[PDB]
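Structure, dasatinib included.
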Amino acid sequence: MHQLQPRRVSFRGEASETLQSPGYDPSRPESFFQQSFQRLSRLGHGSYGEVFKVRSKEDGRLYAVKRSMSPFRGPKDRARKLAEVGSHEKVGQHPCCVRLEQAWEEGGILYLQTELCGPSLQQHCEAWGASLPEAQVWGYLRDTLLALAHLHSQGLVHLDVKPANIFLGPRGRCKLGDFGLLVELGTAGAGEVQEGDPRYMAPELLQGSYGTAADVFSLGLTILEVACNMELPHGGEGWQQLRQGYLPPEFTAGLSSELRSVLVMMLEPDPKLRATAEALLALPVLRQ
Ligand SMILES: Cc1nc(Nc2ncc(C(=O)Nc3c(C)cccc3Cl)s2)cc(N2CCN(CCO)CC2)n1
Ligand SMILES: [Cl-]
Ligand SMILES: [Cl-]
């Protein structure tokens, strides 16, 4: 038995370049990941695999690397996992999007290497233990809207906007990440489209319908959650009322009229009436 060398995963159609790094010798049994990075800590894990903080031997910089758990079960499993790279490449470089440095597969395992960001917005709020100060909220709302405008004007829908998928950066900035469910509208692959976390899901998705507006609604609930320190319902009347243009006055009494107004625009039940990211970013309140 002999082993295939690791190989880059990319959908850009560029000439197939074969992997190299200081510290890496392809005749050794250790994986490219093992040889090419100093593993520093584990940032996260799940049925998908694990995310590590690492230092690159290529450039001495810190990165995050996501490593799948177990080898591909078959060709379609492999295709579905590799498509995350293709989605992520469609996002390109944007200051409010988590940047993909490179991706590769080895031994049936997929690796995605991104810039290292701060903690997720979920983690931050959990630590904070209270509603975020509204000044913070506005800044996160703006940055995540900038990410969505960037996606949407290219016909891309993220479909899983939520605090766990937004990462902090210095000076109150943040970046949208996790493009594993992102779809390009009106091209091939409509068959492989799947809704995101049901806690944050837009109402139209209940009937199977989606579009860029679904992200605006999910981001609305994201901002509601962090601005009010509210536990979003998983279902029932509470879940349904949030999809019918209603806000619980209890958790939301503290909000400014301006932020309340903006959330109502974002949570509009009819996707055809719902505000676009572009229209929101043009509001004077998001152009300070
Ligand atoms: C969960 C978590 N991630 C952090 N930074 C990240 N950067 C990028 C991440 C990421 O997942 N990239 C990615 C990949 C790799 C593939 C596809 C898609 C994407 Cl988006 S996760 C920081 C953090 N902290 C933990 C606690 N603190 C340490 C001291 O205690 C502070 C920092 N925790
Ligand atoms: Cl490995
Ligand atoms: Cl398969």
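Residue numbering in chain A adheres to the PDB entry, whereby the residues present occupy positions 74-361 in order. Below, all heavy atoms of this structure are taken into account, side chains as well, without hydrogens, waters or symmetry copies. Just so you know, ligand 1 is whichever comes first in the structure, and atom 1 is the first atom listed for that ligand.
Every copy of dasatinib included, the relevant parts of the model are ligand 1. The main partner of dasatinib (ligand 1) in this structure, judged by heavy-atom pairs under 4.5 Å and named as in UniProt, is Membrane-associated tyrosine- and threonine-specific cdc2-inhibitory kinase. The binding site of dasatinib (ligand 1), defined by non-hydrogen atoms within 4.0 Å, is formed by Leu116, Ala137, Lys139, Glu157, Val171, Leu185, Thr187, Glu188, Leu189, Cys190, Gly191, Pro192, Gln196, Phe240, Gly250, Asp251. Atom 23 (C) of dasatinib (ligand 1) has as its closest protein heavy atom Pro192 CA, 3.7 Å. Among the UniProt-annotated ATP-binding residues of chain A, those with a heavy atom closer than 4.0 Å to dasatinib (ligand 1) are the following: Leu116, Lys139. For atom 27 (N) of dasatinib (ligand 1), the nearest protein heavy atom is 4.0 Å or more away.
Nearest UniProt active-site residue of chain A to dasatinib (ligand 1), heavy-atom distance to 1 Å: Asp233, 10 Å. Lab note: no covalent bond from dasatinib (ligand 1) to a chain modeled.
Atom 7 (N) of dasatinib (ligand 1) is flagged as protein-proximal [any protein heavy atom, distance under 4.0 Å]. Between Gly191 and dasatinib (ligand 1), at least one pair of N/O atoms sits closer than 3.5 Å. Most of the interface of chain A with dasatinib (ligand 1) sits in UniProt domain Protein kinase. Checking atom 2 (C) of dasatinib (ligand 1) against the protein gives a heavy-atom contact under 4.0 Å. Among all non-hydrogen protein atoms, the one lying nearest atom 25 (C) of dasatinib (ligand 1) is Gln196 NE2, 3.8 Å.
Source organism of chain A, per the entry: Homo sapiens. In terms of polar-atom proximity, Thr187 is counted as a contact of dasatinib (ligand 1), with an N or O under 3.5 Å from an N or O of the ligand. Considering backbone and side-chain atoms alike, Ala137 places every N or O at 3.5 Å or more from each N or O of dasatinib (ligand 1).
Every atom of dasatinib (ligand 1) with a heavy atom of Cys190 under 4.0 Å away is listed here by number and element: 4 (C), 5 (N), 6 (C), 7 (N), 8 (C), 22 (C). Of the residues UniProt lists as binding Mg(2+) in chain A, a heavy atom under 4.0 Å from dasatinib (ligand 1) is found for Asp251.
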